[PDB]
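Snapshot of bithionol at Adenylate cyclase type 10.
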Amino acid sequence: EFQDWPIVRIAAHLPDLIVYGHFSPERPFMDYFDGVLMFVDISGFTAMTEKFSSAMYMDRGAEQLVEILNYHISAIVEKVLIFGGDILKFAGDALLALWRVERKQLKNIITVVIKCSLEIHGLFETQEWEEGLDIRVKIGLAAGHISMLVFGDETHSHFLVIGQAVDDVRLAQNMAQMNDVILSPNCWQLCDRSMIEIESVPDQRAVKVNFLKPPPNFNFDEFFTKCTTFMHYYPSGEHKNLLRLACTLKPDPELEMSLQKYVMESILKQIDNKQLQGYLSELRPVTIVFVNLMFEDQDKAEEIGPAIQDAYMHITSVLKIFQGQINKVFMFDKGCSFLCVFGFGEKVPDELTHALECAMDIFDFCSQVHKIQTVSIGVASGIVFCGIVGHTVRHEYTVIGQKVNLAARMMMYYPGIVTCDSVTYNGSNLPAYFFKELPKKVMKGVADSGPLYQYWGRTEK
Ligand SMILES: Oc1c(Cl)cc(Cl)cc1Sc1cc(Cl)cc(Cl)c1O
């Protein structure tokens, strides 16, 4: 069976949630279901980005990083898939997976996901980045009501998952230390508490898993085969040798037209063998504009949907002008966040002046959008790693770096304004009075960010 059709290559970049959906044309588009989520984080990892940016890597830093990374991540991906999960999203050291089930099946599916989780922890026992650096994971699990939001325009589409269970999975992840599997309160509440030994987490309703202790006669394999009965797209029969049913997709112009919109133009070029398969693995100077939109209530897709859609329409317009691109959209703890990048796009002059001006315009327009309570934008510039991360059958373009995290942290620790780093400040070729120098705040993940600035803009206001 031939399987290397462009449609199949495109679907590698997408979860089944999109690949096998049937969305109306309307934007936004909302859908509601139940399932279990797994949010996975790899340790020892800001440490790698540093290792690999050093001159010791002789200009093959991006290459070696992408390699060592995919080696470990693609092992995580195979597990998730074999355990019947759908990998929703990657970014950096982290990936999100979903086992979408009917509400009666949640209890049993939780047991699968827990087992999957302990097997992931077992991959990395006795396992190091380098001599003297352990690689470990932290896993958060959640279960419940989940909303999909799809937004975009006629040529580009994005999705997010929303709701308290998504919020719960992020909270369980943040609590988790290395080697932990943390359950949300609702996940603990819905699980088969006869099989699952836990301990409490101080100042938290969430729980940590110690052991999976099934009864004397329980057979995990037969229990899992019974759970696959409820999985629409688990590969089987003649296709039981395959990690994803998506690998059997056949040409279909309409579906391809739909899917390609989720994928960046430079990936499509590569998919089409019109660009070298290695061209995207790089260390490149870019400017990151990280835009955060806070809402009164970030679990109600009917509320935040239209606003995200409205904001997207503007952001995409302002970026086409100023020569940037949306790379990924995120739901953090607080808000919807757009990860925008200038430079790797064309490497253009006035990149910095343009990134700033583009931020202020986004900021002004978005602050006037109905349900948006607050807008926050962080702007940082520097060398970041770019590349396609994951498995052959499931992978996504991502950006990784101290500057990516710096912009992400600025927009959280300096809400309501546009902030920029020193690189951006000094290389802007704008007058100093378009800025204010800010209080130095201590920020999670960041060591000597350097002086930070508010982009005040042209007038006194
Ligand atoms: O901050 C994130 C990183 Cl580093 C990786 C991934 Cl896969 C996701 C997030 S935030 C986020 C979390 C959930 Cl639970 C769902 C969505 Cl739609 C997100 O963007």
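Residues 7-350, 352-468, in that order, are what chain A shows, numbered as in the PDB entry. Atoms within a ligand are numbered from 1 in the order they appear, just like the ligands themselves.
- The side chain of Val175, and not its backbone, has at least one atom closer than 4.0 Å to an atom of bithionol (ligand 1) (non-hydrogen atoms only; side chain from C-beta on).
- According to UniProt's Mg(2+)-binding annotation of chain A, no residue has a heavy atom under 4.0 Å from bithionol (ligand 1).
- Scanning all protein heavy atoms for the shortest distance to atom 4 (Cl) of bithionol (ligand 1) gives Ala97 O, 3.5 Å.
- Between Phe336 and bithionol (ligand 1), a contact under 3.5 Å exists for no N or O pair.
- Taking UniProt's list of hydrogencarbonate-binding residues in chain A, a heavy atom lies under 4.0 Å from bithionol (ligand 1) for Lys95, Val167, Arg176, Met337.
- Of the candidates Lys95, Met337, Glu403, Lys95 brings a heavy atom nearest to atom 7 (Cl) of bithionol (ligand 1).
- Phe45 CE1, 3.6 Å is the protein heavy atom nearest to atom 6 (C) of bithionol (ligand 1).
- If you check which protein heavy atom lies closest to atom 1 (O) of bithionol (ligand 1), you get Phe338 CE2, 3.1 Å.
- At the top of the distance list for atom 15 (C) of bithionol (ligand 1), counting protein heavy atoms only, stands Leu102 CD2, 3.4 Å.
- In chain A, the residues contacting bithionol (ligand 1) fall mostly within the UniProt domain Guanylate cyclase 1.
- The 4.0 Å heavy-atom shell around bithionol (ligand 1) contains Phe45, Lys95, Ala97, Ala100, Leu101, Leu102, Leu166, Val167, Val172, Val175, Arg176, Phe336, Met337, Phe338.
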